[PDB]
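Read the structure below first, then the notes.
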Amino acid sequence: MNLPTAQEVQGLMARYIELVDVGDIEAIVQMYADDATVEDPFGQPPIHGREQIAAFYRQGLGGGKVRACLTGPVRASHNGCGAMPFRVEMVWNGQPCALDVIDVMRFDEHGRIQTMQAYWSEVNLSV
Amino acid sequence: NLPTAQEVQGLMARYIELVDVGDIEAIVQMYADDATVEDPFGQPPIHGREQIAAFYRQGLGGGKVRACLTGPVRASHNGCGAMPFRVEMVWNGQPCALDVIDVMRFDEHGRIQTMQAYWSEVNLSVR
Ligand SMILES: C[C@]12CC[C@H]3[C@@H](CCC4=CC(=O)CC[C@@H]43)[C@@H]1CC[C@@H]2O
């Protein structure tokens, strides 16, 4: 496909969350442009390219069992960008917990994620 | 006074309350002199306090517009944050709701440097 329409952005970002929930790092990486940037959490040095994005997320969604679900609709623009609210449930000190996140994504003219920012900090972690 | 993550949470929630009340001059006072507003994200940025003032005056011109958070503010440690909320208004003679995510960057004075409002007609619904 091409630069995603607003409806297409909603579908792509919803699919992304489904991939996080099942832990399919390979499929997440293929959603990214080969030269994408990830800032997760926003404020940390950017991660650059599919190899480093794969390595980074195999530390997480491979090491432990994690879940994720949208907590509201995907907001989508007409320039191939969108933003979504979601919640991640995981193990914290041998104790389940919840993290509230918003990802902002910009897609390229091939329908792949060019940039992603994940807004969250410990203020968004609850036990 | 580069807002901490907890201070960003308070600043962004305070902004939604000012929108809900509709105090346009109180809203504009939150922005820095050289701030930009992109709303909806994808449209050319607005800059200059009075242009920002006129923009809010046209949207909240009374004009029964309501706004409320629909999730917690996500906040970073570099003075930025993102929040999901819901706008209630009347359009086409129909009571409507609009789901939005705002992304904001604050300056070292605690004032809004950049605002980006993610939404489009895919986020419109009748109530
Ligand atoms: C202008 C408007 C009311 C104010 C909203 C705007 C959507 C974006 C938004 C985001 C803010 O941060 C301020 C309030 C406006 C609506 C789109 C249509 C509606 O009338």
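Every chain is numbered from 1 and lettered A, B, ... according to where its sequence line falls, protein lines coming before strand lines. Whatever order the structure lists ligands and atoms in, that order sets their numbers, starting from 1. All values below come from the heavy atoms of this structure, side chains included, with hydrogens, waters and symmetry mates left out. According to its header, this structure was worked out by X-ray crystallography, 1.7 Å.
For ligand 1, the recorded drug is 19-nortestosterone. Here the macromolecule bound to 19-nortestosterone with the most contacts is known in UniProt as Steroid Delta-isomerase. Other chains whose heavy atoms approach 19-nortestosterone within less than 4.0 Å: B. When heavy-atom distances to 19-nortestosterone are checked against a 4.0 Å cut-off, B:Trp91 has no atom that comes that close, whether in backbone or side chain. Within chain B, the UniProt active-site residue with the least non-hydrogen distance to 19-nortestosterone, rounded to 1 Å, is B:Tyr15, 3 Å. Summarising the contacts of atom 20 (O) of 19-nortestosterone with B:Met12, B:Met83, B:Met89, B:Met104, the nearest heavy atom is found in B:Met89. By the deposit information, the source of chain B is Pseudomonas putida. The part of B:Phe85 lying near 19-nortestosterone is the side chain, judged by heavy-atom distances below 4.0 Å. Here the heavy atom of the protein found nearest to atom 4 (C) of 19-nortestosterone is B:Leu60 CD2, 4.1 Å. In this structure, atom 2 (C) of 19-nortestosterone has its sub-4.0 angstrom surroundings free of protein heavy atoms. Listed by atom number, the atoms of 19-nortestosterone under 4.0 Å from B:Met115 heavy atoms are 12 (O).
Note: no N/O pair closer than 3.5 Å links B:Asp39 and 19-nortestosterone by distance alone.
Considering only non-hydrogen protein atoms, atom 13 (C) of 19-nortestosterone sits nearest to B:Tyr15 OH, 3.3 Å.
In summary, the atoms of 19-nortestosterone found under 4.0 Å from a heavy atom of B:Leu98, numbered by their order in the structure, are 7 (C), 16 (C), 17 (C).
With a heavy-atom cut-off of 4.0 Å, 19-nortestosterone reaches these UniProt substrate-binding residues of chain B: B:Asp102.
Nearest to atom 14 (C) of 19-nortestosterone among the protein's heavy atoms is B:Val19 CG1, 4.2 Å. Binding site of 19-nortestosterone at 4.0 Å (heavy atoms): B:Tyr15, B:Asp39, B:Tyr56, B:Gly59, B:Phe85, B:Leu98, B:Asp102, B:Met115, B:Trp119.
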